[PDB]
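A short worksheet on the structure shown next.
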2 protein chains.
Amino acid sequence: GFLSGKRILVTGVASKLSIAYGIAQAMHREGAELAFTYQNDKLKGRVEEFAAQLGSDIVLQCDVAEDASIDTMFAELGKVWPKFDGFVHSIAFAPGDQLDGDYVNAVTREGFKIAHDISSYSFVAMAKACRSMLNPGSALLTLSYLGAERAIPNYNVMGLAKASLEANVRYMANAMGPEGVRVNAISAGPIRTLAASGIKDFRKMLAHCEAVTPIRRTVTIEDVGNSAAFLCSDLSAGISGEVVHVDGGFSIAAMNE
Amino acid sequence: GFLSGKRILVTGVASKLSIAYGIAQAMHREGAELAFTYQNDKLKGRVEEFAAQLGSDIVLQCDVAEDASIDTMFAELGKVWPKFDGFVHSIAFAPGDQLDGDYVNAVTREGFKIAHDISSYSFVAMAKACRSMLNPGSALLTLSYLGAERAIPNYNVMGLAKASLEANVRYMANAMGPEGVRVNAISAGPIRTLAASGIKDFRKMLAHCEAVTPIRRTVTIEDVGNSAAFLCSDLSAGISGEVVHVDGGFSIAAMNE
Ligand SMILES: NC(=O)c1ccc[n+]([C@@H]2O[C@H](COP(=O)([O-])OP(=O)(O)OC[C@H]3O[C@@H](n4cnc5c(N)ncnc54)[C@H](O)[C@@H]3O)[C@@H](O)[C@H]2O)c1
Ligand SMILES: NC(=O)c1ccc[n+]([C@@H]2O[C@H](COP(=O)([O-])OP(=O)(O)OC[C@H]3O[C@@H](n4cnc5c(N)ncnc54)[C@H](O)[C@@H]3O)[C@@H](O)[C@H]2O)c1
Ligand SMILES: Oc1cc(Cl)ccc1Oc1ccc(Cl)cc1Cl
Ligand SMILES: Oc1cc(Cl)ccc1Oc1ccc(Cl)cc1Cl
């Protein structure tokens, strides 16, 4: 595959529905060697199972909330991969109470803090910790959402954390470009996953993008995987600091009845 | 003036070079009752003098890093202005060690948290505490910078705080819109203010700017003040959730010399 000889670290796999899973699966198919990380003991087991199915045995614990967790994880990976070619950042969170009802009433100082910490800072924190481990031609990828560009109901504070994420992509790309590292983000459309259920009225938010999206269907984790495999391959050598929308054109249309 | 009959609260006035100062002169010029706030006692004096010249003896203290300080401030203000027509958010901050050098190396979890808290969250925090005191037709204004749109050297983490800030403007305007409140932002070009010296290489970041800018000069707190006065008056009742560029058209040009 166009990803042979590459060693990429994939994070955020929680179930077969996880987007990171569609990404791992697609990269595996293109010949890359994968590495996985799990947040806690609750997920360890299923991640080891998935890693096995994808011919990998490197499964490390990592909570982007603590710099120590990140340093230990990368120091453990370095034992098998003195150097690798980038990682997929598919992590996000915000207390549930934040994603329900009026934005101004729901948002709090703490919720805001948590959302920005786990969903935007963790991306650079990881890059900082493995910077000297990355080979030239490496790519770093994160996953954003339209909420970053437009104001979407109930998405609330996450929207702000994502705008911050996308800005991160541009500052990271510009900072690491000379060393030969590329940084991009995929702005995926609504997908039926596990964390997608935390957003109030989601079953409807999908049926909307359904009949309004140019391609007349929502994207699948497969659609996203293919785009991430590419954005992480040497085929996208000229793309950096970009946020490409993989939503089937939903964002470039307006008032489709 | 076009602001007669409007009561506006202005924050961020530190010297005569402050943008917030330029904004207050214009509004008062357009016939507007003003109220000023100061971060700490070190500035209490200056603010009182400026407030006197602008026909105002309402000078409250307020540290956006504290929910309680924001609560008391509007509690005090409520004694004179049981209801007012909005405020101008001219507040931003980040530890100096975040604003110099390679972004990936400079950024820290602490620096990130603070920058987003003071420069972005405070804006919505203020709206929470005075939401019931606003009249229909009120206007909220904040200040941003092109760093939220592009990767600009040394601006580093402040660029991510601003993107969050600009997204905050869209989420706030969408939530408060049905209440007759408009929320907008002005993306200002480089101005010689008291906090501008805090950015690594600014005098040269200003010398370059006034050379490649369509209007061939850097904006002044006057140009900003005037646009601010307009964005807060009923004259701009058709604008909400917008980020207007008051930078002489610099952001639209490319490759000049
Ligand atoms: N689902 C969508 O429609 C959609 C659309 C656009 C973007 N995204 C983004 O895709 C990414 C993944 O979301 P998802 O849809 O696959 O949901 P998901 O529930 O399948 O996975 C989310 C992951 O976040 C991980 N995580 C949470 N906190 C963590 C922490 N502190 N440390 C390490 N890992 C942590 C979880 O463990 C989990 O694996 C997110 O960035 C998300 O916002 C999703
Ligand atoms: N200077 C520029 O060229 C420029 C360009 C675009 C946007 N802006 C923005 O304009 C705004 C004002 O900056 P400025 O250039 O007038 O510098 P300034 O030094 O004149 O004012 C900055 C203000 O921030 C206030 N502040 C900081 N921490 C605070 C806190 N915890 N609580 C309450 N107030 C606090 C300061 O006290 C001060 O008044 C900022 O949002 C800034 O980023 C400035
Ligand atoms: O960003 C998202 C956008 C969509 Cl349309 C659906 C799910 C998304 O992802 C999340 C939303 C809230 C929390 Cl707390 C965690 C995650 Cl992973
Ligand atoms: O945003 C700004 C943009 C420019 Cl060009 C000049 C000054 C700016 O304002 C700040 C920069 C850094 C810190 Cl710590 C605080 C403030 Cl108020």
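For reference, chains are lettered A, B, ... following the sequence lines as listed. Residues 2-258, in that order, are what chain A shows, numbered as in the PDB entry. Sequence positions for chain B are given in the PDB entry numbering; the residues included correspond to 2-258, in order. When a ligand or atom number is given, it counts from 1 through the structure's own listing order. As a basis for the values below, the full set of heavy atoms in this structure was taken, side chains included, without hydrogen atoms, waters or symmetry mates.
Of the candidates triclosan, mefenamic acid, adefovir, what sits at ligand 3 is triclosan. Bound to triclosan (ligand 3) with the largest number of contacts is the chain that UniProt calls Enoyl-[acyl-carrier-protein] reductase [NADH] FabI.
With heavy atoms closer than 4.0 Å, the chains neighbouring triclosan (ligand 3) read A. When only non-hydrogen protein atoms are considered, atom 13 (C) of triclosan (ligand 3) lies nearest to A:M159 CE, 4.0 Å.
The closest approach between A:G199 and triclosan (ligand 3) stays at or above 4.0 Å for every heavy atom of the residue. The closest heavy-atom contact to atom 15 (C) of triclosan (ligand 3), among the options A:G13, A:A93, A:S91, comes from A:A93.
For triclosan (ligand 3), the nearest UniProt active-site residue in chain A, with the shortest heavy-atom distance to 1 Å, is A:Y156, 3 Å. Looking at triclosan (ligand 3), you'll find an N or O of A:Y156 within less than 3.5 Å of one of its N or O atoms.
Shortest contact from atom 7 (C) of triclosan (ligand 3) to any protein heavy atom: A:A197 CA, 3.7 Å.
Judged by heavy-atom distance, the UniProt substrate-binding residues in chain A that approach triclosan (ligand 3) within 4.0 Å amount to A:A95. For triclosan (ligand 3), the atoms closer than 4.0 angstrom to any heavy atom of A:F94 are 14 (Cl). The protein non-hydrogen atom at the shortest distance from atom 17 (Cl) of triclosan (ligand 3) is A:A196 CB, 3.5 Å.
Within the 4.0 Å cut-off (strictly below), a protein heavy atom is located near atom 5 (Cl) of triclosan (ligand 3). The distance from triclosan (ligand 3) to the heavy atoms of A:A95 drops below 4.0 Å at these ligand atoms: 14 (Cl). My check of the UniProt NAD(+)-binding residues in chain A for heavy atoms under 4.0 Å from triclosan (ligand 3) returns A:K163, A:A196. For atom 8 (C) of triclosan (ligand 3), the closest non-hydrogen atom of the protein is A:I200 CD1, 4.2 Å.
Around triclosan (ligand 3), within 4.0 Å by heavy-atom distance, are found A:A93, A:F94, A:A95, A:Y146, A:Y156, A:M159, A:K163, A:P191, A:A196, A:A197, A:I200, A:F203.
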